[PDB]
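The structure under discussion appears below in the form of structure tokens.
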Amino acid sequence: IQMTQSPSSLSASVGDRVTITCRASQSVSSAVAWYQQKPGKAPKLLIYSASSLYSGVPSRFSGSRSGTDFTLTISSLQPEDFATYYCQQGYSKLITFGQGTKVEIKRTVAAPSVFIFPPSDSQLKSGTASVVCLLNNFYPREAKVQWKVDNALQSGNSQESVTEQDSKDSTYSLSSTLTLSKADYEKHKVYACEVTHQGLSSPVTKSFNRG
Amino acid sequence: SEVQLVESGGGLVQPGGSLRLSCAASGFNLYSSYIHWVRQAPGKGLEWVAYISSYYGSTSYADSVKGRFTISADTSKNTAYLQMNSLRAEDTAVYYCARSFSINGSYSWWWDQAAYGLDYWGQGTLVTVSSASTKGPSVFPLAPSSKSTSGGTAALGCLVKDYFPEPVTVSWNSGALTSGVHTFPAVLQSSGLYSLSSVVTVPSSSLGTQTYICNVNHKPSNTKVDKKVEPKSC
Amino acid sequence: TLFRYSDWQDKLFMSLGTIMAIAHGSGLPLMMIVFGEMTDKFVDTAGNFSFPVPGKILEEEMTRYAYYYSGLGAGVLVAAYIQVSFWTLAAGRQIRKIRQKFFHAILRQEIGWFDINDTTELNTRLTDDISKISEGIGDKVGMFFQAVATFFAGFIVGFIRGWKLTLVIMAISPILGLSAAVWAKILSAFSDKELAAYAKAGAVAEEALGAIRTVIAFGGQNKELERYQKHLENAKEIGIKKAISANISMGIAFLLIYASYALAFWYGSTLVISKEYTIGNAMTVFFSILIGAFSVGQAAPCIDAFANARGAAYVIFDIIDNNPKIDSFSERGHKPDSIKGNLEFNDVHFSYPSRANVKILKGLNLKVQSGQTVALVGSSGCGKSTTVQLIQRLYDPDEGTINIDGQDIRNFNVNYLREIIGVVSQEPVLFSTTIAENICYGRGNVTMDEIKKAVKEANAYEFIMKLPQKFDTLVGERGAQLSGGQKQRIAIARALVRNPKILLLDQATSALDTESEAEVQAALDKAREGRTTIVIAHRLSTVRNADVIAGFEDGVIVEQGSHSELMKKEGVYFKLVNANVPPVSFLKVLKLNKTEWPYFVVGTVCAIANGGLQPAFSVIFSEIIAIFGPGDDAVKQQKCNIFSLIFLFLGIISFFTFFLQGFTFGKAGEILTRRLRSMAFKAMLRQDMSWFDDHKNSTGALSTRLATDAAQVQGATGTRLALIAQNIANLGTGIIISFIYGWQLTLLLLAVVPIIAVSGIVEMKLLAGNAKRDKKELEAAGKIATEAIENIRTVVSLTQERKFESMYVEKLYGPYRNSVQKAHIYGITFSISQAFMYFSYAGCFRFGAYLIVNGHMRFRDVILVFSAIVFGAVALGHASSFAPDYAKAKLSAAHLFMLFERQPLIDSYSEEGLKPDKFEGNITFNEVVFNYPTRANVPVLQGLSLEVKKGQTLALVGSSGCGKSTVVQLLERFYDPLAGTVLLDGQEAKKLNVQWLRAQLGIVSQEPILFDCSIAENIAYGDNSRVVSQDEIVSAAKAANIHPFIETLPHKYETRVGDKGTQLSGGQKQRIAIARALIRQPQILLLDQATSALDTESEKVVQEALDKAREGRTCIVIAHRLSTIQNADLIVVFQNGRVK
Ligand SMILES: CCCCC/C=C\C/C=C\CCCCCCCC(=O)OC[C@H](COP(=O)([O-])OCC[N+](C)(C)C)OC(=O)CCCCCCC/C=C\C/C=C/CCCCC
Ligand SMILES: CC[C@@H]([C@H](C)O)n1ncn(-c2ccc(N3CCN(c4ccc(OC[C@@H]5CO[C@@](Cn6cncn6)(c6ccc(F)cc6F)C5)cc4)CC3)cc2)c1=O
Ligand SMILES: CC(C)CCC[C@@H](C)[C@H]1CC[C@H]2[C@@H]3CC=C4C[C@@H](O)CC[C@]4(C)[C@H]3CC[C@]12C
Ligand SMILES: CC(C)CCC[C@@H](C)[C@H]1CC[C@H]2[C@@H]3CC=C4C[C@@H](O)CC[C@]4(C)[C@H]3CC[C@]12C
Ligand SMILES: CC(C)CCC[C@@H](C)[C@H]1CC[C@H]2[C@@H]3CC=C4C[C@@H](O)CC[C@]4(C)[C@H]3CC[C@]12C
Ligand SMILES: CC(C)CCC[C@@H](C)[C@H]1CC[C@H]2[C@@H]3CC=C4C[C@@H](O)CC[C@]4(C)[C@H]3CC[C@]12C
Ligand SMILES: CC(C)CCC[C@@H](C)[C@H]1CC[C@H]2[C@@H]3CC=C4C[C@@H](O)CC[C@]4(C)[C@H]3CC[C@]12C
Ligand SMILES: CC(C)CCC[C@@H](C)[C@H]1CC[C@H]2[C@@H]3CC=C4C[C@@H](O)CC[C@]4(C)[C@H]3CC[C@]12C
């Protein structure tokens, strides 16, 4: 009674065969379901028992079963799509919604541009800093970054956030917040931030001086 | 009528606390179908919690909650309670009610409890498990560096920091301009507080003439703040 | 005696129903006669030559017999049908005439008769008791007569067909008689003991539910629950005895019954070996006496039901023949037609029969000239509305006289007397009809010109041209869709379309604005031109337009005069100047006890045994027929000795297994009844004071909930499981054998079993449909009757009973047509039932003759199959109808399952809420807007503020119940404000732990109670959760100035103040309350009217005791004694729920 939406976070374009496999535990035997949820708002019921639609639901959504390899497939892709689908299964007093997938729109690889800014001296008084060497307008989502303070492998001091794909031309941005207490940001001078992206022919290197 | 499930209760507790979440249905009789309680992670996933059927008296909890939560279903006023005890830090999720499906239309049988899916839901009440309370988010303006891209696309913003609870509004040109402004979602700070950063892209062609403010408005701390933006100078 | 209300057609109906009752009852014995003859031919021809492979004589005879059988079937069809219908038709007609005459003589029943008894007793009496008579005289009599028929016919066909064997059998009857009779005496005495002991332990719930409020304040849940358990654990000791005794006796009954079988079979085996009584004539006496026994046995309750019929009908007939004092319906009255408006009184004394220990009339001596208006005044507590009621003679005074022009009050034909005058009272109530129709009921026959002219002139036309469906809007239950002042104006429109000669005006101007009052005043002024009008005084500012003005001090003419004549006359006037019941499952009623599963297991194994006992007697009977074919005496008689013993072995085994099944399920039932009793009570006590303050959840109904519905749940839990198990065995191996043996007879008879079986099922379906429709029509007419049993005094005032009589009839004619449909619906399926029992014989035996001739199965096998199935189904029927009513205890379980889960908003058990450590009694109110969600129409508090400081006091002066008790509650947190906040010690009381909050608020309410304990136990009820040192009691016993008088009593701290403790005064039991509130050392008091039975000294001493520890801690006081109000710290007034 464990569930695995195996191709998590899909990346398909509008107008194509689109696939989802949700391989179950042993023998749920046709008692799985498929829910589509647009962000923040409650999830909908799309189809049930792996074949047959609900009411009010368009007839472009296909449900397929095979043994325990399930499948929810598409070909229409009216842009009212692009949300996250969860394939709950329900059996013997135990119900599990598995960890679902998403669907990202397609676009050309967007050149990532980095920006680094030393923390405000308005800020350093309170005893900390929070320096940000983020990015903007890049495609795809996968961006690897490296903080390197005084030429060191900075690890464990990064908490990166990323907005949801742009509605108009569908790129991403990024904010990484390296923080340092008072006893620390006073003894190091050159603070170097690195990024790694396929849009960049060369993984670049942001830096500055402590003045 | 039309099927209408609402929720109630919920809104604040620390680890080691009780609560009662009341799902009131409207549009059908309660004892005809099953009732569940899904819990949507804050940003991760969607995990079942429980259910109760008030016509065969059959309750059932998922493991992670057994013994601790208790369901009940008052059929004098079409209500489904979930009482919670000893809340941890892995339960800040939002908690939708739900009604499991019936095929016949007006009741559900015991065989295949909720194996046709859940159809009607409510809109989740968000719940939290943080210690202490809430404080003020002292902003530290992300002043554009004097190494700004000469006539390029210049980043600039400000860091609204140590604020609670969500949300806070961050506007630019005081509600007259938010083009290029991305309100990075509320990320959480180790001790329990938060931090969000709102940045905007500009040409350096106007950096002399125009000069802006990031506008913060933190409503549940009873405070509304400003702090001007300036291209930082040594 | 009881069939008075009968035309001739009723009598024809009953008699042509009785004769055919008897000619149905005699229908089995004849059947057994023919069965005898046929089995004779069969076994004769079989043994004399068996032909598994010149025999067609068998067929000639069997077709002859098939005609006999079916021709007999037709006979019973017709007679069954007629018995049922004609009896239930006579029932319906007579019951409709009964109902109608009963109302028409309840309206003729006076108000003294209404002052005596209750007003739900009446309506419930109507509904239930009329259904009681209906089922009593209805049809049970038909079935009882057919029972006695089948009895005497069984014995007679015995003696006629072979007399030696019949004497053998009928000889040992008196032993079974003695047996089952002492069965009855045992079980009856034990039922009595058990019930008396319970009801001795259920007066506790009724004295701690008649007073839910004092309990739920003082924190007395668990003290109560334990006063209850301690009694259920007495009653179990007798529950268990009754279990073992009743079920031993039942096993005995079956040992004897099976013993009888053995005796008869062995005898009537020697007497068949001797070639005397052949099998055909030998089986006849057997079965006919069996049928005699079973019928006459299974029709005893059709005598208890007739007894219920008479038991009800007594009081109903007692009322219809009853004939009162002055009759609201007799036209025997010397009504004048021309008369002045003279109203002369003298020395009239009148007391109440319902209240004679307070003199209310003391001799009035007033004159009213014709037309001249006297205006009546007086203080609160003299009986103004009383006097009005008198003036129109709803009663008869003692030793005085009233007159109009000296003409006697015993002269006026009452219709004249209450259609000549008019009255608008405090709250003239509106019935459930239009506006035009209330006004038409004003007089009965009026004109539309009068209509609009009154309506306008009655100051009350604008809202009509505002109201939805302007002319005909529906002022429903007690005037909810109105303003206040509209209702008195519309009453005045009604009373003015009456054109009276004497008018009466009472408190009809209490929630108006002045202008509308003045309008109606001048309107009745410009209406009075030769007639009088008497008005009871609300505000003495408008009284001024009188000829004479009168006050009262104890019912006598005390002050009479006009304005200036009394302004210097110094009497009283001067001082006055300045239902879903959500269905439950089965699984749930069972899960209510999965902690006695061992008993269910023993009992259901044992049950399946007990119930698979017929397929035995089928195969035994088969073998009996099998042995009697060829004819070798020597070994026959030994086989028959064997079989007498086998019956004997089954007589013993039956005893054991019956006694087990019975006793085991008796244990499981008793246990679950004790648990459901306890659990439900404990759940009652945990409900907020709204739920209890309903008209539905009264003390009567809750006490019934405990004392019967708990008992009834066991029906659906245990017995229905035993019964399903039984019938599965009784009719599963039936069909299993009968398929191993009859490949093809079995199907054919299975194709008839459902009829004999589903008589009951098809009747349940359709009878339920029509019973719903009936009860609905009955509830309509019940509405129409609840009206004039509630709003009685008004309706007799307008004299408009006689309109209600016809309005009632119009609906009564609903359910009568209902009954006439039920007759035919019930009867046709009853007759197919009884009718189809014969056609089965015919078909089965004729078909078996077919096979036997062709050679498919030996005659022993057709007798097996046929007995295993048909006596199977007929046994199923009786088994089932031994159970207790499962339809009636799957609802009962629903009514407790809704009392269990119902979550009160104010949980009086919860272990959460801010507990404040030490408490400063700073009580505060913030514009608290309040209304009882019971009568939710008048906002009791319309925004109220009050604020008291530690040690200080408040005090709310004014008029009785003005909005002065509700403040006492919103601190004890019974109710919650509609609007407003009462934050305490600085913090909001909608956040405290309610169990804690009431632990500081000692209260001496308006009417303190003393439970059924000893006095020590009673005061130390003042605190719970920690036992009270005996000196603590004694300390407060000197505090509230009560320790002395105790030393006079028999048992100082141990005397028993009983239920209400009638051994006591008002000033002492009130004084104990102070003893009671003070052991808690309560922070704030609420001394609501402690001195309504406190004497001078009793209070004048304890006020020193009230306040001394009240020093340093607040108190609100809402009483009526100025001499406590004055020294108080603060001051507030309450006017219509408002301060000024
Ligand atoms: C055949 C020989 C005739 C024997 C005569 C038997 C009885 C009549 C004897 C004298 C007449 C006395 C008049 C009786 C007045 C009422 C008493 C009575 O007697 O009450 C019928 C009896 C009980 O009445 P109840 O309804 O209240 O029972 C429920 C019992 N308590 C309520 C306690 C649970 O009835 C029962 O229950 C149990 C009855 C047991 C029947 C078992 C079915 C087997 C069927 C066929 C086997 C026949 C083989 C014969 C072979 C013939 C060979 C050719
Ligand atoms: C107290 C706790 C309680 C617990 C907790 O449940 N509890 N504990 C125990 N029990 C209990 C257990 C068993 C019973 N029984 C009573 C009914 N029985 C019975 C058996 C055979 C009968 O007749 C055999 C055929 C029928 O047709 C006849 C006779 N006949 C026709 N009309 C009418 N009678 C017939 C017909 C036509 C013909 F032409 C010729 C005929 F001969 C022959 C009739 C009745 C046995 C089962 C009752 C109660 C409880 O309920
Ligand atoms: C709905 C009700 C009235 C059912 C009516 C059924 C009656 C009319 C049927 C039932 C089975 C029929 C009997 C079955 C057996 C036979 C034997 C045959 O050699 C002559 C006809 C005869 C004697 C039939 C007469 C009519 C009968 C009794
Ligand atoms: C309670 C009793 C007296 C009811 C009366 C029973 C009547 C209706 C029964 C008893 C005797 C029966 C009759 C007996 C003889 C026969 C011969 C047969 O080949 C044709 C039918 C006929 C004529 C029967 C018809 C039905 C019958 C008349
Ligand atoms: C209590 C009373 C009123 C019941 C009336 C029972 C009468 C009507 C019944 C009882 C027994 C019946 C008799 C029993 C025996 C005889 C002789 C037999 O060879 C044929 C049937 C016949 C001729 C029956 C005729 C009708 C009968 C007398
Ligand atoms: C009051 C009750 C117990 C009376 C029961 C009667 C029993 C005990 C008696 C009364 C008459 C008896 C019968 C009288 C005559 C004989 C002849 C004898 O050679 C064998 C037994 C036999 C056939 C008897 C059988 C038992 C019997 C039926
Ligand atoms: C009303 C009840 C208690 C009557 C008592 C039952 C008596 C009459 C019955 C019970 C079983 C019967 C006995 C069972 C066994 C024996 C021995 C056998 O080889 C012949 C029959 C004979 C001799 C029977 C005589 C009658 C008998 C004793
Ligand atoms: C209503 C139920 C209980 C009774 C129905 C009776 C039917 C099923 C029975 C009654 C008598 C039977 C018939 C009587 C005579 C014969 C003639 C023979 O050469 C073949 C069988 C046959 C044709 C039988 C077939 C079935 C039959 C008609």
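Alphabetical chain letters, starting from A, follow the order of the sequence lines given. Here the PDB entry sets the residue numbers for chain A, with the shown residues being 3-213 in order. Note that chain B is numbered according to the PDB entry, with residues 3-236 shown in order. Per the PDB entry, chain C residues shown: 44-96, 105-629, 690-1251, in order. Determined via electron microscopy, 3.8 Å. In each ligand, atom 1 is the first atom listed, and ligand 1 is the first ligand listed.
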- Query: From amphotericin B, lopinavir, velsecorat, posaconazole, can you tell which is the drug at ligand 2?
  - Reply: posaconazole
Quiz item: Which macromolecule makes the most contacts with posaconazole (ligand 2) here, by its name in UniProt?
Solution: Phosphatidylcholine translocator ABCB4
Exercise for review: Identify all other chains that place a heavy atom less than 4.0 Å from posaconazole (ligand 2).
Suggested key: C
Return the organism named as the source of chain C in the deposit.
Homo sapiens
Which transmembrane segments of chain C are in heavy-atom contact with posaconazole (ligand 2) at a cut-off of 4.0 Å, numbered from the N terminus per UniProt?
-> 5, 6, 7, 8, 9, 11, 12
